[PDB]
Structure formats: C-alpha cells, structure tokens
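Chain A residue numbers are taken from the PDB entry; in order, the displayed residues are 27-57, 59-238, 240-252, 254-290. We count ligands from 1, going down the list as the structure has it; atoms in each ligand are counted the same way.
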Amino acid sequence: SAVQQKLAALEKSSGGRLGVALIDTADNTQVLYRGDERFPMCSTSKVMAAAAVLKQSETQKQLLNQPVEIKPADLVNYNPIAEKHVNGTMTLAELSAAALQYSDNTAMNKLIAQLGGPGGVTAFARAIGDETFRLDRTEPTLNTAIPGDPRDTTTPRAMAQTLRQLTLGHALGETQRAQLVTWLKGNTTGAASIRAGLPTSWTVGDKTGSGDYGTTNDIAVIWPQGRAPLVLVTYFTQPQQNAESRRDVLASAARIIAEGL
Ligand SMILES: *C(=O)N1C[C@H](NOS(=O)(=O)O)CC[C@H]1C(N)=O
C-alpha cells in the first residue's frame, strides 16, 4: 500500500530495521511493517511486568501497598527514583509508577522479582494469550539487543495485540486496566517518540525503550480527537552496536500512520 511505500522509504533512509504495528479500534484495521519479526523490547517490556503485578493484585488485594526494600546493591544503570529511596522502601505501586513513568530499571527489577523472575513475566503473557513475548533477563542485560538473539524480544503484531487487550480490553480487571492507562498517560519520557508525530490535540499513553544497536522503541495507546483509540508499536534497531538513538524515526513512522487514516 501507499503507507507501505512510505514506511519502507523511511526505513531505507534510516539505515536500520523498522517494525510497525497499528490497530485502529474504530474498525479493527491494521497497518503492519515487519510486523512478525522479533525486535528487542528494552524498556517497553516494563508494561508487561507492571501489568502482571496488577493482575496479581486482583487476588492479593493489598499487594500494591506492600513495602519493598531498596538496598544500595540493588541499583543498576538508570535508577532516578530508586536511588532516592536506598536504605528504605517503596511500595509495589510506587515501583510500578517509577518503572513506567520514569523508566527506572531498579524498579523494573523489583517487579520482575515479585513475579519470580523473568519467566514470571512471560508466564503472565501466556496467561493473557500472548504466545510470542519472552522475557529472559533482568535489567540491565535485557537491553543488549544483539541481532538474531531471541531473548527479551517480541514482534510488533503481538505487542500491539497485547497492549490493546491490557489497556482497552479485558486482560485486566476494570480498576487495574484504569490504573495501567493512568500510568501510561503520565509517562515523562515520550514527547520525542510516537507523540511527536501526532496532532497535538490527541491524547497519548506510551512507554519508550532504548538499548544497544541504537535500539529505539515506543508503544502507545492513542485517543485521537473525535474517534476511537489506536494502538501503535514502533520498534527500531540498527547495524552498529554503538549506534545513536533515533527517536525521530519513531515520530516519522507515527506521522505516516496518522496521515494514512
Ligand atoms: C529502557 O529501555 N531503558 C531504561 C531507561 N529507559 O529510558 S527510555 O525508555 O526513555 O529509553 C534508559 C534506557 C534503557 C536502558 N538501556 O536501560
């Protein structure tokens, strides 16, 4: 299609590998580009981990308010919130917000630990019907983004379907879905990514990610003015291990998608 032409040209100009999956919930139409190829999720995997803890809280009713110890040795490579609470505690709700809205990697490791390790995140994915997602490692090694390595990857098609079920469908209970959407809408890291390619009047909740090989990712739920929501995944990775981030490529992909509606 014409959108296919434009996405391919954007990819060729970028020098990297671009993966796009859109679901338009107005009519269940889709736009897919490399939609069945695996890409390293990096920090976008935090959505699955926070959602899995939310699901646990449906039956452990006070789980989100349980204190979790933060030790100096727990700090990893990017810990803007957890570093303020070392030698103290944060609750699982606070850790979820830190992971999602500030992309705190120590907070993500606490979510993973609550779930019993990376396999617990994968098990939640399987429980909600996602047979493609896999989490294999903790932070920071889940971000190595090595070409051909299936660890810590998913496909754009699978992640868009799962993000729709989590934020607009019934994979979570009503209050928990609302909490996840509230957290995504309050993200601090997203203005240069999918959001930058969309009309300013549209409402976006998103989670970004980045890693080695210049990996630059964003996954979003979008409420355009006057119409039903969209779900958009944009994943991007590059040939050189030390490549620079390319958030502009994600914005350009979203802009192409928004024009083609
Ligand atoms: C997640 O991809 N990471 C944690 C933090 N995320 O910030 S981003 O979502 O704005 O990219 C830093 C980058 C990355 C990592 N390598 O840990």
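The drug located at ligand 1 is named avibactam (bound form).
The name the PDB entry gives to the main binding partner of avibactam (bound form) in this structure is Beta-lactamase. Binding site of avibactam (bound form) at 4.0 Å, heavy atoms: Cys69, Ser70, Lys73, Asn104, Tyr105, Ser130, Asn132, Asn170, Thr216, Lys234, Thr235, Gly236, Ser237.
The protein atom (non-hydrogen) at minimum distance from atom 12 (C) of avibactam (bound form) is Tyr105 CD2, 4.0 Å. Avibactam (bound form) places these atoms under 4.0 Å from at least one heavy atom of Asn132: 4 (C), 15 (C), 17 (O). Structurally, the covalent attachment point of avibactam (bound form) is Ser70 OG. At least one N or O atom of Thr235, backbone or side chain, sits closer than 3.5 Å to an N or O atom of avibactam (bound form). Within avibactam (bound form), counting atoms from 1 as listed, the ones closer than 4.0 Å to a heavy atom of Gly236 are 2 (O), 9 (O), 11 (O). For the pair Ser70 and avibactam (bound form), the shortest N or O to N or O distance falls below 3.5 Å. Among all protein heavy atoms, the one lying closest to atom 6 (N) of avibactam (bound form) is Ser130 OG, 2.9 Å. Shown in contact with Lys73 at under 4.0 Å from a heavy atom are these atoms of avibactam (bound form), numbered in order with element: 4 (C). Counting atoms of avibactam (bound form) from 1 in the listed order, those under 4.0 Å from a heavy atom of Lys234 are 9 (O). Ranking the protein heavy atoms by distance from atom 11 (O) of avibactam (bound form) puts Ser237 OG, 3.2 Å first.
Of all atoms in avibactam (bound form), listed by their number and element, those nearer than 4.0 Å to a heavy atom of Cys69 are 2 (O).
The deposit names the source of chain A as Escherichia coli. Looking at avibactam (bound form), you won't find any N or O of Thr71 less than 3.5 Å from one of its N or O atoms.
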